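Here the structure is laid out as structure tokens; the discussion comes afterwards.
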Amino acid sequence: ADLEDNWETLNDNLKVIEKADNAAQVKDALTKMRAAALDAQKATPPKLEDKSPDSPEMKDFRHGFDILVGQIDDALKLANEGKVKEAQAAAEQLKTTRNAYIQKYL
Amino acid sequence: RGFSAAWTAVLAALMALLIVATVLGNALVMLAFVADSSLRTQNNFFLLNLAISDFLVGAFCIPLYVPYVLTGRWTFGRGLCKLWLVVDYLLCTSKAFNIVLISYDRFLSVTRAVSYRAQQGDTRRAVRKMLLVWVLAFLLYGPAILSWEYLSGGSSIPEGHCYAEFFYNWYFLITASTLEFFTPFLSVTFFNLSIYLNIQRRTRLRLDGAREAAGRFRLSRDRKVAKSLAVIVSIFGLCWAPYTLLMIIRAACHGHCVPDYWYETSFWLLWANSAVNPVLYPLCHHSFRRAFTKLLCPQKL
Ligand SMILES: CC(C)CCC[C@@H](C)[C@H]1CC[C@H]2[C@@H]3CC=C4C[C@@H](O)CC[C@]4(C)[C@H]3CC[C@]12C
Ligand SMILES: CCNC(=O)[C@H]1C[C@@](F)(c2ccc(CN3CCCC3)c(F)c2)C1
């Protein structure tokens, strides 16, 4: 449920970013998303309580989160130059990476 | 979502028993309509209607959901998602709206007994009332499921899972919840209370030797009809109320006070009712004890 709660955090911060207007709000939301993502990456999904870390499913779960962290960091890069619009547009792509790669394992 | 190998093995076993129990139980009920043509009554047809819905929860709704709870993924395309959704929402409100109809038919048989006697063998009238019910049931969720995505300019349901496009729309959910719960619960409460008062009144009625003697026999029959109705209405109420009540509460706290697994537990309690009904018909009705005899143990002659 810490994985459930880290997913909670990803949701709340992604909507702040739709809703924001300045770079600081967008930055804080992403730094939060990132922390939650690194935390969620170390989780063992309920589905997988019975699998090795070298298991194809557990490597794939963790690669979904590599995509995500990296996408959050691209958007931090843009936010950390005051490009609020680019950084907000990049936030949409997070939704794709979540559904396609991570949501399976929840 | 989903479950480890060890847990899916224990849940699949249990999910399967429920499937077999629901399917066999309602097939047996339907085969008893075939065996015994004395079950050609409106009251009986209203119970047949409940057994059809129940058959379909077993044959269609539970089976398509099993893989989805076990693994967390709907693997059948959104097309089959919409059909399964329509049919699950349809069988829910149909069962509910049919308990209303059964309760009305029983209220007329005690409170309007002599008018009811003439109408009772009229199965064409019965089959037309059940059809109207299927349309009314469909109307509550059917169009909203099929149309919300286009009205809302696209789906908010990732290709992973299967939910009604209105399922995080609180405004729709509060008015559908409250209708779905109160229409049936207040109508059903009224008929049953009204049967109780009718019997209590006639019991305290002061009649001569033959009229009194004729009407304690007719009151013995009414008292039995009232038990029968209370038992099925109660067991439905206790299977259906948690799900109906939780939806009303999810919608009124905008999804912030009800964990997913509460309402997902409640699904099984409501679907479990479909296994139970087959056993209640012969427990509570002569006509079904007679039919099951004609089918399974006709040696009684
Ligand atoms: C004995 C047989 C006939 C009855 C079958 C009972 C089985 C099918 C029912 C009873 C309890 C139900 C579980 C109760 C709660 C949950 C939590 C929910 O989040 C996922 C489904 C799950 C895990 C249900 C799965 C199905 C379940 C195990
Ligand atoms: C947790 C895996 N996903 C689900 O359980 C989804 C929740 C879901 F959208 C759903 C299906 C059917 C209904 C309606 N059913 C009517 C009878 C019991 C519940 C829902 F309220 C919700 C299926």
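The sequence lines are lettered as chains in the order written, beginning with A. For chain A, we keep the numbers from the PDB entry: what you see runs 1-106, in order. Residues 27-241, 347-432, in that order, are what chain B shows, numbered as in the PDB entry. The basis for the numbers below is simple: all heavy atoms, side chains too, and nothing from hydrogens, waters or symmetry mates. All ligand and atom numbering here is 1-based and tracks the order in the structure. Method of determination (from the header): X-ray crystallography, 2.6 Å.
Here, the main chain in contact with ligand 2 is recorded in UniProt as Histamine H3 receptor. PDB records name the drug found at ligand 2 as PF-03654746.
Within the structure, the other chains placing a heavy atom under 4.0 Å from PF-03654746 are, by letter, B. Under a 4.0 Å non-hydrogen cut-off, the residues that form the binding site of PF-03654746 are B/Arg27, B/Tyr91, B/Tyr94, B/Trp110, B/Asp114, B/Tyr115, B/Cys118, B/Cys188, B/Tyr189, B/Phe193, B/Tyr374, B/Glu395, B/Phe398, B/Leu401. Distances below 4.0 Å separate heavy atoms of B/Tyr91 from the following atoms of PF-03654746: 4 (C), 5 (O). Every atom of PF-03654746 is numbered from 1 in the order shown, and the set under 4.0 Å from a heavy atom of B/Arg27 is 1 (C). Among all protein heavy atoms, the one lying closest to atom 20 (C) of PF-03654746 is B/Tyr115 OH, 3.5 Å.
Taking atom 10 (C) of PF-03654746 as the reference point, the nearest protein heavy-atom neighbour is B/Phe398 CZ, 3.9 Å. From the protein, the heavy atom lying nearest to atom 15 (N) of PF-03654746 is B/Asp114 OD2, 2.8 Å.
According to the PDB entry, the source organism of chain B is Homo sapiens. Counting UniProt's transmembrane segments of chain B from the N terminus, heavy atoms under 4.0 Å from PF-03654746 lie in 2, 3, 6, 7. What sits closest to atom 6 (C) of PF-03654746 on the protein, heavy atoms only, is B/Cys188 O, 3.5 Å.
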